[PDB]
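Heads up, this one has colchicine in it.
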Amino acid sequence: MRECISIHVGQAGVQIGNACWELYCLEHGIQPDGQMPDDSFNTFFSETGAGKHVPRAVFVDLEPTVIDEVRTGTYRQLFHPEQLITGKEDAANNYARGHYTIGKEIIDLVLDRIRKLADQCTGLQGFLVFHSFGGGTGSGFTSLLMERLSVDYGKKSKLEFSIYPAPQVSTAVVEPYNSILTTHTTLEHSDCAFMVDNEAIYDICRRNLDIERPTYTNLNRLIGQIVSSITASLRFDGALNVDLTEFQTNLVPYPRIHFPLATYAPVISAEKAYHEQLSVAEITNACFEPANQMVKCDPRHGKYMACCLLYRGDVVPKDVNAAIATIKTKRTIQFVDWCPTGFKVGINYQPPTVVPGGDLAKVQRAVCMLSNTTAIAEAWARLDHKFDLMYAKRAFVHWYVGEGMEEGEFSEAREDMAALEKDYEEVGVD
Amino acid sequence: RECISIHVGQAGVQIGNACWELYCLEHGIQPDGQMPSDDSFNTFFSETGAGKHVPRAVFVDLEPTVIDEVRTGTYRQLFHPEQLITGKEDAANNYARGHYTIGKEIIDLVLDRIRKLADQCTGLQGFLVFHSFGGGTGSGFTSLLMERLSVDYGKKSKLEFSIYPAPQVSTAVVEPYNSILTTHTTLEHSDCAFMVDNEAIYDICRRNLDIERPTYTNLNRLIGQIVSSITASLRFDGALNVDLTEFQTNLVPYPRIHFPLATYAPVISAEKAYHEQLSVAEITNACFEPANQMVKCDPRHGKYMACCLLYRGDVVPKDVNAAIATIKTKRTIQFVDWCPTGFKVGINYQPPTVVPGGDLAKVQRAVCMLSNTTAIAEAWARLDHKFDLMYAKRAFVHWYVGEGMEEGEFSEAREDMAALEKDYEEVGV
Amino acid sequence: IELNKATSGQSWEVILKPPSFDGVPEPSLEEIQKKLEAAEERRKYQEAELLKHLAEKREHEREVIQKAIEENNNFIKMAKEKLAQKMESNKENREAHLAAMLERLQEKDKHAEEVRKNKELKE
Amino acid sequence: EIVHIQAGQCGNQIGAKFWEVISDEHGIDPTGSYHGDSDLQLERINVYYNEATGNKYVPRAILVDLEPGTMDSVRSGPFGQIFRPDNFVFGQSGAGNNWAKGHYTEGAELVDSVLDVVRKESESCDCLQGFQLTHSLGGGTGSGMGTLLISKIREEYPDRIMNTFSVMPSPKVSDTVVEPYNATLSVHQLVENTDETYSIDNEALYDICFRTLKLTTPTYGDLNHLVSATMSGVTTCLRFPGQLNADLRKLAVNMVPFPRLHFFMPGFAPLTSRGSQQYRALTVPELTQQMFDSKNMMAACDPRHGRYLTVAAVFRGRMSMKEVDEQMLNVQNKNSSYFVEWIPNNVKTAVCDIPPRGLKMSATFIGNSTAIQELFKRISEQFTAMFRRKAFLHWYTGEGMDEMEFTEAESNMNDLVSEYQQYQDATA
Amino acid sequence: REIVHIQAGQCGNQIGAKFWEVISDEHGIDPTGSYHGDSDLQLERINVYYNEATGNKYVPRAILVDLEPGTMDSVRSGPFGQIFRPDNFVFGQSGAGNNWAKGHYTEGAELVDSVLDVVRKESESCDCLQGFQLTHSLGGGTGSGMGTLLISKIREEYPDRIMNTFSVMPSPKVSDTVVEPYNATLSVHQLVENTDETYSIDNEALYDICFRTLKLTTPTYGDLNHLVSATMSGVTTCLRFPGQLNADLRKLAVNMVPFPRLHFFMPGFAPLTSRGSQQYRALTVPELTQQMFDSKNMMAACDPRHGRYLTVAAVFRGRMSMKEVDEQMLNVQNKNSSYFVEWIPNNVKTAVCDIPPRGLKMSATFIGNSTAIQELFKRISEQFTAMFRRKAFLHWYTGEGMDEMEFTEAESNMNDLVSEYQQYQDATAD
Ligand SMILES: CC[C@H](C)[C@@H]([C@@H](CC(=O)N1CCC[C@H]1[C@H](OC)[C@@H](C)C(=O)N[C@@H](Cc1ccccc1)C(=O)O)OC)N(C)C(=O)[C@@H](NC(=O)C(C)(C)N)C(C)C
Ligand SMILES: Nc1nc2c(ncn2[C@@H]2O[C@H](COP(=O)(O)OP(=O)(O)OP(=O)(O)O)[C@@H](O)[C@H]2O)c(=O)[nH]1
Ligand SMILES: Nc1nc2c(ncn2[C@@H]2O[C@H](COP(=O)(O)OP(=O)(O)OP(=O)(O)O)[C@@H](O)[C@H]2O)c(=O)[nH]1
Ligand SMILES: COc1cc2c(c(OC)c1OC)-c1ccc(OC)c(=O)cc1[C@@H](NC(C)=O)CC2
Ligand SMILES: Nc1nc2c(ncn2[C@@H]2O[C@H](COP(=O)(O)OP(=O)(O)O)[C@@H](O)[C@H]2O)c(=O)[nH]1
Ligand SMILES: Nc1nc2c(ncn2[C@@H]2O[C@H](COP(=O)(O)OP(=O)(O)O)[C@@H](O)[C@H]2O)c(=O)[nH]1
Ligand SMILES: [Mg+2]
Ligand SMILES: [Mg+2]
């Protein structure tokens, strides 16, 4: 019951999945074979006759090398060969290819493994799409699948984990195109999209993990902490609280306005020792540091329409409310004259499980705060400007149009964002 | 000669438990019916092949519990299974439910037991109805019963024994609503009605019996004891009030003004220092003070039109008229122009019986007092205003109209209750 | 004065002041059977109207759960009917490019044959 | 006879709390069997419990939830074994704080299944009084599906009395934003589908724990404990024999003066903390003035703001009626302005010389004051915030609902708000 | 996944032979074609340029084409000349005689279908062919003419694949064949139409490097061909060696070419060395970053300071501090922002290889789309229009069947690209 099919789409999407899935295997003491010594974790894992717990996941890519690293990897056994799908030729950092030209050749087969996983779901909740914002596969294919699944599975919950691009963390000149391109095609098909700004994950590895030049693993591991911290509520059933989708009800005031901002705390390196540990009243205040946000933005300037705190480990209501009390005094946390000044809390029993031989140290109490602030719209305009810059001179566009795209798809997609920009504008009016 | 006693819903039913308790005391009937060693006691008891004297009574309640407390009681061997009538659910403090709803359901069946009771009769005088007033059952069905008994047993008497409501006892907010609707429906169907104010019984159990918080049984202990005094003239061989039609004549002069006030002396308790027992000279001055009255309405400022001084036991007529002359000496007791100033006195020689294992003290000499006073309208005036208050702002009405009634029936009843309040002005001049 | 005498009783009227005013003054089964039969109509009608109004709401649900079913099946129409156009419009556009560029080439493959011809001409 | 349906997260918890509270007073041991000191308990025990011939006493309780979470809690719970395994009607698609999901779609899938249970459960009853429902007005199962059966049952048994125990949503307690949307929609149905409704407020409940019991971190267990007390406290006139001799319809007849104005303001005396600290007996005057003061009402309104139409007061525990009666007539002489003059002797006292569990006295209250329109103003305003900008509405409209339903349900409540006003200003 | 190399004429086969000499040692392959190296990163991506054979031997995926058996024989009867499959040597006996018409139209056309027989065989045995690599002389006849004929004829048969060339622009400094600007311009007209990307190896820059920098008085072809190959191993380093990316011709094309006609790259390797000279002291990252962006280091005789970079891709080799690399690359761009287009957000992309080249502890390749490449084209038109004015040497072309107007058709197609390159140079965001 309460099933959850997770879908990993190319490079960013796949690699992040491996940090996610390794963690879950630790969170519920699962070995890289599938076996292990509260059965609420079976919403993500499927127990077999041998007792092996196989993830309710699909690893999809237009080129083989990325998925090959899983087939040869430590957890090669952990999945079915069928549930690790790979094309021969990638999308060449081009949406038009991922969506049409190349993606078309796989899409049908891809949805079959999704349907052959949908059967063993006694009572499914919905999907968890993990992708890149600027990849050919990450963007193109994702919107084609998001489009197809919304036919195939109608109005079921589709929850994206989209990796916003940052120049420091690779990138490619065309990315703002692939960014705006997918956002548009997926907007209707998304239920709730968890944006991840690659710079903010970089900026944290720099500041708190102290890493001068972060490896993808260094970030993916940090990201997977935030993601498990979101899906904690589902893999566990804690009397304390833990209650997702219910957060989603407060988070999403309007259908389009579905982008929550994450603010994980505490990010501490395996080099402190003396500092240990941190009170709930410290970590509750940490959530309001722009330095800790998943997406770089200023909600000290912008209005609020939601605030949800996802506590774990050693959290006891008394102080949570004392912590909650002190902030409700501070006049930065400003809401709309239609949206209540409430803070949806949810405490987990399980402590933040850390990656053995990692960068971050074991904490007592971990928090993540989902919030629907108009300051998220900054991410859009930030990307929309870069888009407009090359698009004016129609730079790189030819590669898109050469694959079958109309010159108008680019104009339509931008207007939709401009509408979404105006939609975050309008909502933040009293 | 005979008399069928009908008990409708809780109040009269419970009160009629105490009646046929006292009758089986004054007559020496066992709670099984068989009695060992004037014949007039049989006006209320129909003997069977087993020699058992089954009461000529019919107990009705729209809900079980109450009649089932008899089917449990010592006196369960007294009555037949047929005479105790119990429906599925009560009218729920509603007149309109009792009347049109659950009333229709139980009517025929109730009259059938009445038929079968009256089939075994050599000259059935009438009926002695026992009911509440503001009760769901003791208003809805009672008025419906009078309605069909008057048709089915026409030109045959009805002696209404009603319990007027009081806030001092277990009272319901809708009570004045049921009380008026019933009075207006029972109006033309009743031949004589004995109104009994529950507040008057209340303080009588407090000031004299010394029970501040009296049980329904304690209050009933008196009610039945004053009731037995009205019926002593019937069950025994006394000269005064021998027939049902005597009250209707002796007391009821104007047909509509058929509500005689009741008075009783002595009001006595057993748990108190023993002394010289009361004499005829004492009890006459006791009967003329409202501290013993059954309905709380000042007669000293209310025109009379009838009087009967019904003595019981060790009483002698010289001392009766030795006290009568002395009361007209001090008190001038106002009587209407059309009526002769005087009382039809009567002594039933049989002794006043008290309850064994009860509050009441055994008195050799006792006296009831049936008196028609225009001052009884000071009890209707009370109820009419409470009814006038509620209906004015139309509170609770929807419960009655939901039962099948019309809004008319409410106004209809009060328009006529006003007519009656004026008939007390038209007479009390 | 005297009224009557008996076994376990006696009665006697006692006058005090006679009246100054000589003289004194100055139910059907069918109609109950009709008035009762009438009350039950009234009770059985407003309870029948209740039944009607409740059966009306019973259709509101039958209508509401339908909107939800129709809303979704039209959503899946709207989405499938988008892909159908988009994939075809693209298949059209893309193949129409590849073929236009093979003609540019086809023609610039002809230019060659007529030069190999203009060389032979000269000879 | 009473059939007790318990709907949702709240309704099942609240209901189970009363279903152990009463069993203590009725000697029904956690496994189901009589053990009590006297047979004054067993006298009126067919009211709530049934026999497994014999004896094993089974409650006439029906358990309903669109999710199995709350059901497994009761199942595991201290008095869980006492319930009939074929009386737990639960889904898997957990309504998820959506009136529309519980009321329509999801709950409507399970409705018919639950009605089969009530049909069957009504068969064992010689002559049923009516039904009793415990539910929350902010969520999905309780708020939505609850109102659904309420309509369904009104159709299956039109003459049977509809009794509910409704916890009202508060901005203080529970962070679900939608709540005024579920509440408004469910009030709408309760206004037309119930004979009587007990308005219990979490705002008022949190504040009794906090301001009064001094409870610095009020848990549900503390909140639910005050309710369970008022539940058995109002059902003393049913469960316990005496001079009353009363029923669900008699109560409603004498209480509800106008149909729609059937929303009740429950009260209590003494306000005892969960567990702590017992002892220190209460005097008669102490027991009356407490009970009749706003700081002792489970509904968040000021009675000194409205005007009492009708009043109920079950005093439990060993006392003397002369003491009790004297203090009630003392109150109506003082607060003459706040009691309707055109409803004569409108304040009814009930006694019982049996104290509840632990404490040796009690004084449950049920006012029918026009002040309650302040409870409705609260909700209607909270609604109008989101609604004028139509926020979180998509969650509802996505279930097949139209904007018009919200328009109407709110409008229908404003009509009740205004209707309560008509009598607050009424003079004979 | 796979690449098919081809070489045309004298220069083509000379610069192509050297590329195969460099990349064989860079992969641990001996003149016999057998692998004998240590690291297994030398084999990680070997499939790209090499065909796997029997006896665990590797054979380059290359076709050897010329209308003269000259260079053809010197190569075959030379060093690594044994390594190539003798069947792929598509060598005629005509001799285009530095005539574009002779190779593209007349004598060359006779051969072309024989060449195509071989390209089809090499494309067939490919798990995934990505595209073709052409090394050719732009002033010649077989190189310039037949080589572009072969392009058009391949582009026909495989439109879906990348067409990358290493075109060597002639200089009056290196060659005194007067007709070169005719054959030069004629070939430019063809490249602008049928190649994905083109590396402009300008013989003028090549000479000045050997003359003015390397101080070689009489530079031999050997001294120039060395600079060519050094750049070629450089530009191909990421296509050949594993690491950060992934690493596709199409992924480069898409990111490096914003406008389709403008795909002529200005290569420019640092550190510049004399053919077969032992390196004393190596350079630091600043010395590398600095020298690599110098006009004195460009392989095309253009001043990047006279233009604006649309795109840049800088490839560093050997073991060095990336933070130092990132410190230096961001110094360069952020100090000289005026040379980079504002309307192409993040136009400079840096890749690093830990495997340095032979005898170099550290190297650094440059690939840029500087509009300054107009200077190379400008030159060529001035050389052509000087001769075409007096209609000089024309009978060499006409007598091959060639039309008079075909020249003016190419002259102005060439004249358009210059205005087109200028257009985007002057273009601003504002
Ligand atoms: C600046 C122009 C040339 C680059 C250069 C060179 C030609 C060359 O390299 N040539 C002319 C064919 C042979 C080749 C050279 O002999 C020196 C052999 C060893 C070589 O480099 N072999 C290559 C292979 C090769 C490559 C291409 C062509 C033939 C051979 C190798 O093994 O690496 O020297 C003759 N020079 C100064 C010249 O050709 C002459 N000057 C001129 O070019 C003028 C007069 C400006 N037109 C004379 C001053 C000699
Ligand atoms: N956070 C994070 N970002 C990544 C990761 N891998 C790639 N990216 C981002 O992904 C974007 C490029 O898209 P990709 O997902 O790598 O490309 P793709 O088209 O989906 O995959 P392929 O074509 O198969 O190579 C850039 O913005 C990168 O910063 C990763 O492991 N973590
Ligand atoms: N004196 C006296 N009055 C009684 C008795 N029982 C009830 N009453 C009065 O009857 C009135 C209410 O009417 P009830 O007859 O009890 O009610 P009911 O609806 O007819 O009876 P149910 O069938 O039990 O519902 C109140 O004024 C009560 O005080 C009794 O035993 N003695
Ligand atoms: C089943 O429980 C009850 C039922 C009723 C009453 C009541 O309060 C004492 C109950 O306890 C809560 C009741 C209520 C209100 C009245 O007036 C406001 C009234 O007149 C009268 C009453 C009740 N009558 C008496 C004599 O108390 C009858 C109905
Ligand atoms: N008093 C009380 N309120 C509760 C309880 N659980 C939830 N609530 C309230 O119930 C409302 C939400 O409805 P809920 O019962 O949770 O949802 P449902 O399961 O879909 O019926 C909110 O106003 C909460 O404050 C409980 O056990 N007791
Ligand atoms: N860089 C370089 N240029 C050369 C070489 N051989 C010839 N050239 C140039 O090639 C051009 C002439 O083309 P060529 O290769 O001889 O003609 P083809 O035999 O018809 O292809 C001139 O611009 C020469 O400078 C060489 O090995 N290297
Ligand atoms: Mg890609
Ligand atoms: Mg009744």
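Every chain is numbered from 1, with letters handed out A, B, ... down the list of sequences. All values below come from the heavy atoms of this structure, side chains included, with hydrogens, waters and symmetry mates left out. The way this entry was determined, per its header, is X-ray crystallography, 3.5 Å. Indexing begins at 1, ligand by ligand and atom by atom, following the structure's order.
- In the structure shown, the parts corresponding to colchicine are ligand 4.
- Most heavy-atom contacts to colchicine (ligand 4) in this structure come from the chain listed in the PDB entry as Tubulin beta chain.
- Other chains near colchicine (ligand 4) (heavy atoms under 4.0 Å), by letter: B, D.
- The entry describes chain B with the name Tubulin alpha chain.
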